[PDB]
Undergrad: 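Here's one more: a structure with chlorzoxazone in it.
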Amino acid sequence: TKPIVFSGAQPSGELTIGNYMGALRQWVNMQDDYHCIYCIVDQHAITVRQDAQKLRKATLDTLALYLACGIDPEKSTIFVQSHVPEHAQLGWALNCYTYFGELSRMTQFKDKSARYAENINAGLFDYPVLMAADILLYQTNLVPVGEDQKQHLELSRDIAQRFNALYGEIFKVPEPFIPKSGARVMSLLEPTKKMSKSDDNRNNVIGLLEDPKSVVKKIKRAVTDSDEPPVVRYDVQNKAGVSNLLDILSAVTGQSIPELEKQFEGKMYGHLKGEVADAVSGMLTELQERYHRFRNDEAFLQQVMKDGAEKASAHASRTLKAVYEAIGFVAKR
Amino acid sequence: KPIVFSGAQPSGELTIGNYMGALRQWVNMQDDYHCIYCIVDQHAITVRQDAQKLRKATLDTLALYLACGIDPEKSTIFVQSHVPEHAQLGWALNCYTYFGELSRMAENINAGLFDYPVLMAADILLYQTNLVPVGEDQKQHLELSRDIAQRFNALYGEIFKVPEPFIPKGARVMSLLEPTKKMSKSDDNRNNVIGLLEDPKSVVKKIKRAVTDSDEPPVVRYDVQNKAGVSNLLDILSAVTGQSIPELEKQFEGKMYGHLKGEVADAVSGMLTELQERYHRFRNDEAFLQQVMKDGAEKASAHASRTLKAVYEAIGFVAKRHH
Ligand SMILES: CC(=O)NCc1cc(Oc2ccc(-n3c(=O)n(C4CCNCC4)c4ncnc(N)c43)cc2)c(O)cc1F
Ligand SMILES: Nc1ncnc2c1ncn2[C@@H]1O[C@H](COP(=O)(O)OC(=O)[C@@H](N)Cc2c[nH]c3ccccc23)[C@@H](O)[C@H]1O
Ligand SMILES: O=c1[nH]c2cc(Cl)ccc2o1
């Protein structure tokens, strides 16, 4: 049987080129090599207050966007998190094997709390435990994520090991799969800040479903540096904006930064931004064309959701039963 | 009928205080209310404990509740973990609970110890519960559940019933060696308690050590301030036999505390022997217990699923596509 890949994305905000390069791109390329399972994590999304109509539409938007990226429901399992109760069941049980301090130290909880001081809720704090349940339910070997999720993956490993050490080989210990390019795409006007799918300043982001012409304008206005002469060279410390642009370009074209640096020898930021906008505009145009054929076919989205929840449930129920037997619950009839 | 939700913790043997002071009265209220008894194994694991003892204690608790008279045809009795909706609603309600609310209820406590008040709130709100017979140590938990229900309702409509404490109490069973303290199932000093499974020799021994007073002559008279131990023995005897405190005071005129203790032990063990016979009959019948759990979980999930669906609809989740 193939090793198992699991990963998820929130139906909140609007997925960006950052979400694509750090995660979805890898999701698509691993579908034959591994047994892949991809999740729309609507239970995680509501740790930030959502409008109910927005959340429903965004869940379906996200599903269609997975399909548009090339996630293939005949190859991978695609499902909505709340459709599989085992996620919440194992999440509760794993609370009891997770320490308070492991959660309080989390960068995401601290960043999100500062952004939403009016809604610092227990779900936001408990977020990593539910994520660990997401992963461990499927005997997951590889978890393809961006860099910002490293700390959460590491906790899920610590939980798997702690539980296994008491109870036996109940969980696989997952490993992160973080790309060499595009693991942390940066904001266009603030290249020291991760690109956000919920930025108040849209000029910082390249949304997957955004008008390509709007994206191309945003690329040209991306901040660079004062170097004289202007030089296309990778240096995150001193040339954050140029470096981020090179990263996006490498991640879309598959070309190395060394290659790109040589290609831009004797050129300046106009050539750099012209190729970035060309490559990204082409990607988004093709993506969006596939997207609408999937997004407006409710019967197909309904079918994918149904089959996917059924496949996931068969795996998740097996793991949960072993977990419940190990901790000592009377098994359900 | 109003819906009553009670959570029965697997670990810890029930005492005569638990039985005469509450369960016995709830047993005769099963036609007045729609009573739900949830054996809360998911709450139990906030404290690390041996797995096989937890399984046994889950079944022990079920058989004892049956033995005390909970009627699975009249009331709903089930194991918490058998109903996924509890964890499902718990997660959702996490997202409507302030971190500060849980902190106001360190780095090495597990997250379940910190988060179980939200699971409690989900346990109650799942069943459109009207009444909850909390202990005094759970009043803040109930009040959080009410706060969560009102917060959610104010956002989404009247999805949840706002639960109320069960106010009325009602027999007074105090610790045998410390009569100012109530008899508690969780007491480490097992000599303060009489468990429902204790044999007549154990009851005699614990009653004989029960603290009395130095009155001379010894006088069997009710006085909680000045004669707490003798008063506790009198309350226990009256709770078992139904005889009034004045009647017992007349019955023990000119008698010593050894006489009183002898009758207390005899009365307590008489009451316990009928309960113990039923306990062991139920406990050793695997199929009966399995049927009770299967039926109870089916009844509970049927109600819980209706609430969860409404909650999920209010939040905006895409509804599940069943096969
Ligand atoms: C007596 C009664 O029926 N009360 C109502 C009621 C009880 C329910 O069951 C539980 C079980 C355990 C707790 N609980 C709980 O009450 N505590 C402490 C015990 C000492 N005093 C402060 C509160 C807990 N500590 C750790 N883990 C827990 N799970 C704790 C809390 C609740 C329950 O799940 C729902 C419910 F409505
Ligand atoms: N600017 C960026 N550059 C590169 N990668 C980025 C950027 N911003 C985000 N990412 C990555 O996108 C994925 C989805 O992010 P979400 O916020 O939806 O989603 C998250 O951040 C997860 N908690 C969702 C989740 C829930 N359970 C899981 C289990 C396994 C893996 C993932 C999950 C992630 O891989 C994230 O690292
Ligand atoms: O990960 C988690 N935490 C949780 C807390 C409750 Cl109350 C229920 C399910 C959960 O899953």
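Going down the sequence lines, the chains are called A, B, C, and so on. By the PDB entry numbering, chain A shows 2-334, in order. By the PDB entry numbering, chain B shows 3-107, 118-181, 183-336, in order. Indexing begins at 1, ligand by ligand and atom by atom, following the structure's order. The figures here come from the full heavy-atom set of this structure, side chains too, leaving out hydrogens, waters and symmetry mates.
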Undergrad: Provide the full list of ligands or chains belonging to chlorzoxazone.
TA: ligand 3
Undergrad: Which chain forms the largest contact interface with chlorzoxazone (ligand 3) when counted as heavy-atom pairs under 4.5 Å, and how does the PDB entry name it?
TA: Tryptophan--tRNA ligase
Undergrad: Can you list the other chains with a non-hydrogen atom under 4.0 Å from chlorzoxazone (ligand 3)?
TA: A, B
Undergrad: Within 4.0 Å of chlorzoxazone (ligand 3), heavy atoms only, which residues of other chains turn up?
TA: A/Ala89, A/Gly92, A/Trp93, A/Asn96, A/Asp127, A/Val130, A/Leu131, B/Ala89, B/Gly92, B/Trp93, B/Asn96, B/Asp127, B/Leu131
Undergrad: Mark up the atoms of chlorzoxazone (ligand 3) that fall under 4.0 Å of a heavy atom belonging to B/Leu131, in ascending order.
TA: 7 (Cl)
Undergrad: So which protein heavy atom does atom 3 (N) of chlorzoxazone (ligand 3) come closest to, and at what separation?
TA: A/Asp127 OD2, 2.5 Å
Undergrad: Under 4.0 Å from a heavy atom of A/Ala89: give me the atoms of chlorzoxazone (ligand 3) that qualify, with their elements.
TA: 9 (C), 10 (C), 11 (O)
Undergrad: Starting from atom 10 (C) of chlorzoxazone (ligand 3), locate the nearest protein heavy atom and write down its residue, its atom name and how far away it is, to 0.1 Å.
TA: A/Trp93 N, 3.6 Å
Undergrad: Using a 4.0 Å cut-off to any heavy atom of B/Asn96, which atoms of chlorzoxazone (ligand 3) qualify?
TA: 3 (N), 4 (C), 5 (C), 6 (C)
Undergrad: Out of all atoms in chlorzoxazone (ligand 3), which are within 4.0 Å of some heavy atom of B/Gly92? Include the element for each.
TA: 6 (C), 7 (Cl), 8 (C)
Undergrad: Just wondering, where does the PDB say chain A originated?
TA: Escherichia coli
Undergrad: May I ask you to list the atoms of chlorzoxazone (ligand 3) that are less than 4.0 angstrom from any heavy atom of A/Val130?
TA: 1 (O)
